[PDB]
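Levetiracetam bound to Synaptic vesicle glycoprotein 2A.
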Number of protein chains: 2
Amino acid sequence: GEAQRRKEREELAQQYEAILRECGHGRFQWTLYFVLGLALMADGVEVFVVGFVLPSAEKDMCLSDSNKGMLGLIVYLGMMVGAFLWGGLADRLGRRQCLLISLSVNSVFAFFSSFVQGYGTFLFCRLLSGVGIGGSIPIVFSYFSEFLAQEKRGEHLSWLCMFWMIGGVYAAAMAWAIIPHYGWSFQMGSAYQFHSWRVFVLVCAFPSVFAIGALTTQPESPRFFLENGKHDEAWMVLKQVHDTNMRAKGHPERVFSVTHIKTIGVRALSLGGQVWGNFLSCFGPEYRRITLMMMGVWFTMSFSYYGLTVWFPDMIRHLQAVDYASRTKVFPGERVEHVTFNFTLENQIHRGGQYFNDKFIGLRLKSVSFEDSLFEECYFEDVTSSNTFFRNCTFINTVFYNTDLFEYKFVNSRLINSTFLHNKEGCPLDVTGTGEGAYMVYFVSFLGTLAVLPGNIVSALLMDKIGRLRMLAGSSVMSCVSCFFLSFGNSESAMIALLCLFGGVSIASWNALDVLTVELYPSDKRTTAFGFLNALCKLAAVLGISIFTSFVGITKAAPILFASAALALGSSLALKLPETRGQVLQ
Amino acid sequence: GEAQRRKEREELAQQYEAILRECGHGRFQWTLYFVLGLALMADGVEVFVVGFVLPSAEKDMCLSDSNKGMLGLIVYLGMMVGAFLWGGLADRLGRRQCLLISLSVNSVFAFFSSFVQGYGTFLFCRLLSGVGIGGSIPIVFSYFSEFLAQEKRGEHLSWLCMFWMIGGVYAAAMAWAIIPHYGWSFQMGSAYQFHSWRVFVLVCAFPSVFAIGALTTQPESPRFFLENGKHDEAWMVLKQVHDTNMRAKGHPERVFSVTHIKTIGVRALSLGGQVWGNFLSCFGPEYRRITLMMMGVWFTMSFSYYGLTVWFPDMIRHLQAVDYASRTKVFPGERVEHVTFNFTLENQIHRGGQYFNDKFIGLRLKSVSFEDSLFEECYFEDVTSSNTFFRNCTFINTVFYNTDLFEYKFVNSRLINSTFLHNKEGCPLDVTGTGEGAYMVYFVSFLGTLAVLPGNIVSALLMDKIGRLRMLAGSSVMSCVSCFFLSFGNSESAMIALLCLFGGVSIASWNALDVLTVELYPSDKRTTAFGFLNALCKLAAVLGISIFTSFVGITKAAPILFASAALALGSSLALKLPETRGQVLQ
Ligand SMILES: CC[C@@H](C(N)=O)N1CCCC1=O
Ligand SMILES: CC[C@@H](C(N)=O)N1CCCC1=O
């Protein structure tokens, strides 16, 4: 019974590999490579949009705390749902069909998010865009694997991981070239406003549309047809692959020699039942040790990588904040009287001042604090305030005309006979401000990805030469050693170098994990299992981000120990996995 | 009302601390340190006796399954009752009074257990010995804390755990030096027998007697007298402390400068009511968050620690059992006839044999199984049987002379005209049996405690330097990381190293928890609350042991996940506790 099933699946796999050797590589494989690289580029772009627009988003939607912290977790949760959903649906509907549906959903909801003005609606649109793009990596890898021969199956799959990095580079470049133009205030409707970050979101929603356009021209994988008892169109697809390959070779004169490939409301409930059957069969007697080791490896690597990747920029920001706090100026004791006096003062503290009959017209305040001051018959006009506070201050007969000094900028103050007139529009809470730091953020991201590059090249070249397990274990161990090396970092330059090193060493491990998870599952459960594991990866990413953003400024022992321990456990479970190099893809 | 009570308690605490600073440290504090360390040594010794004597105990009391599994739970339940009882009674009768009572109870019932011959009576005696020793740690910590000044209150209390450490070493040494002499068969009465494990139990009951002898010479804590409205003898005790301290210094000429100190069946029933009230008042408006966080931390830490600590030796035993089974031999089909044939065969299976007129004189059988055999006019003499069975066997005209082949060793057998003569004395049920493994058990226990040592030293040195909460949380997190590291264990050596690591990392956390629970309760509820929490610790120990002994041989994921989750929850609730370093003991 079950033995017969396994046997027949075995000669099916062998015959399919023979047909693939007959067809060979050439134009078809590379064409599909680029076509799927567009979807991976979209996946890579999607994880940078909210991170890049949080400043402007909180400016134009008046976002408080616990709202900026949810806008990254929203995309990660969206991918967590979408990966599982589309991975489950791909084994019953098809790789190309589900990829088209998911990419279309992503594009539509990304456009809609680009045009949303509210916050809750923005959360919903971002979550659904993440759902749409969540099933990109599983379907792409499981769809490209079914067109590659046994020989160079690792190198030909590892070159497919350049596109995530290219998407990251694209996002960084567009953010640098679009967002810095804060002047843009395109108007459509009194109640609504359109700034430049919306344009950035639009441009970052573009490449998914190109992915759909390229994918509509590609044929469904023959293996999916063969599994589901559909023989004729599988043969047609294989013939198309052969014809394209040989026309590209220049001998477009031979004929495909294969005639045949040996073959062995209510609707919603049926689909649910079938998907649950596939998911449970993933937890079968045949697939249990492999499944659990894969779960462990995916979870640990995701936790460590995402935790450190979010930790490095936060630590850079913290070091800059410490420098700023160290440079401040203090002016203890002042007595200014009867003068019109503006200024553009930044990063200052005034204590013990006594101001009488002073006119403050047209001044910019950035990180300026007045403490223990007294203002008496003063006058504030055209005051622009950023990170400015009044603590232990007393105001007597003062007038605030055309100022943004809201109620939250007076901390434990006392106003007597004070008048507020023509208050500027603004947030009811400190929303902080990001200025010149954006350029350095973009530069840091670009450096991270460029550091990723050499590991990609080396892993792609040596994946077949040394092996999947050797690559995975080697890169995991090197990453753990780097995690130890994070102790020797206390400046921005050192943190950038550490980011570069860790990003450059972990990518080989991720490449090996992708190829491994491709090769250890049969063609009737590849997308389901690999999508489930990628959903677990996204959940671990959420957990790791939450855990690692809490150690910035406390100590550097907790991040190092957590990352090193998780990576060591991941390498330990990775060394127990079966070897799949030199094996027919079955 | 209540505010006045809190205030007056406050200046009482402040004046008491001033008096303690005036008295200082010296000979009195170290003398009391050793005196209470004897009681902690007794506590440490008590938890090894049944574990060390279960082999010999089941040999000489014929213990079945469900009886060896209850002889550990009996001591844990005894301590669970005793901790609560003596902690409750200590706040109404006194620390030294209740410690004397509990230690005497422990000693008496330990001697009686040493001389018991039955099982039920042995259960009762061990349970009451556990009850006697249950209130050791609460009263000892809460009694020593009331003689220490603010300055080094953490260091001087953390040195108090080297004692439970050594007790373990003492128990291991005595077990190694006493039990291996199985020859000892001291006889007193025909129906009763005295082996060497009884001598071991006697020697392990000794140190409680020394604890009582040393405790009878120490004075009651002044704080207990001051709380209960008794002023004169509190002043006398403080004067004694001062006099001893200054005589030790070498200046026995100064005078105690303190003259006045601020002061705040039916009998048994009243005391019980008072205890109940104190406990309910713990479910006080002032102490409800603290109480619940303490409950959670104690329960989780006890569950994890005890579960893993019982899991490690069980896993070692399981690995040894697997190795032994992997050594097995099968001899299918035999025909032996007309020969005198002994042997010393271990771990074998004979199937399909046919024996005719065979004499079996003086053979040792260990883990030997005869299946589908036929014995005809056979003769068994001086047969020693261990884990030996006869299944689906037929005996015809066979004689069993001077053999221990009892009725339970013939499984679904058929005897025809068989004769049993001069059967050896022995159990009516299988008892298995432990030989050389005892030395390795003792060595493993010794290694565990020696691994505990460095954590003790470091915690004692750094308790004041870093803080109680930092120490607790740090050690809890490291313990969780170790729980993750239990994945890398598959041999006896690896399991021993893992036991050493986990024991070495959890002890700082336990030290910090003890000191913390000492310092967050007022002197009129210290013993009640701390004893209630220690009773909860023992109940959690029972639950954790029962849960964790069921995962041995199934998988290593359930233990790791349970322990890590519980320790993470414990650390989470530990980080929310108030800081008590740099605070007057109130
Ligand atoms: C280029 C790396 C890429 C991969 N396929 O390994 N990565 C890294 C983490 C998430 C992801 O898709
Ligand atoms: C002597 C240490 C003692 C304590 N009170 O901290 N321990 C450690 C593990 C369980 C226990 O009671």
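Numbers restart at 1 for each chain; the letters A, B, ... are given by sequence-line order, proteins then strands. What you see below is based on every heavy atom in this structure, not just the backbone, and it leaves out hydrogens, waters and symmetry mates. All ligand and atom numbering here is 1-based and tracks the order in the structure.
Chains with a heavy atom under 4.0 Å from levetiracetam (ligand 1): A. With non-hydrogen distances under 4.0 Å, the site around levetiracetam (ligand 1) consists of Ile137(A), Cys161(A), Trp164(A), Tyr306(A), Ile507(A), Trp510(A), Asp514(A).
Going by the entry, the organism behind chain A is Homo sapiens.
A heavy atom lies under 4.0 Å from levetiracetam (ligand 1) in the transmembrane segments of chain A that UniProt numbers, from the N terminus, as 4, 5, 7, 10.
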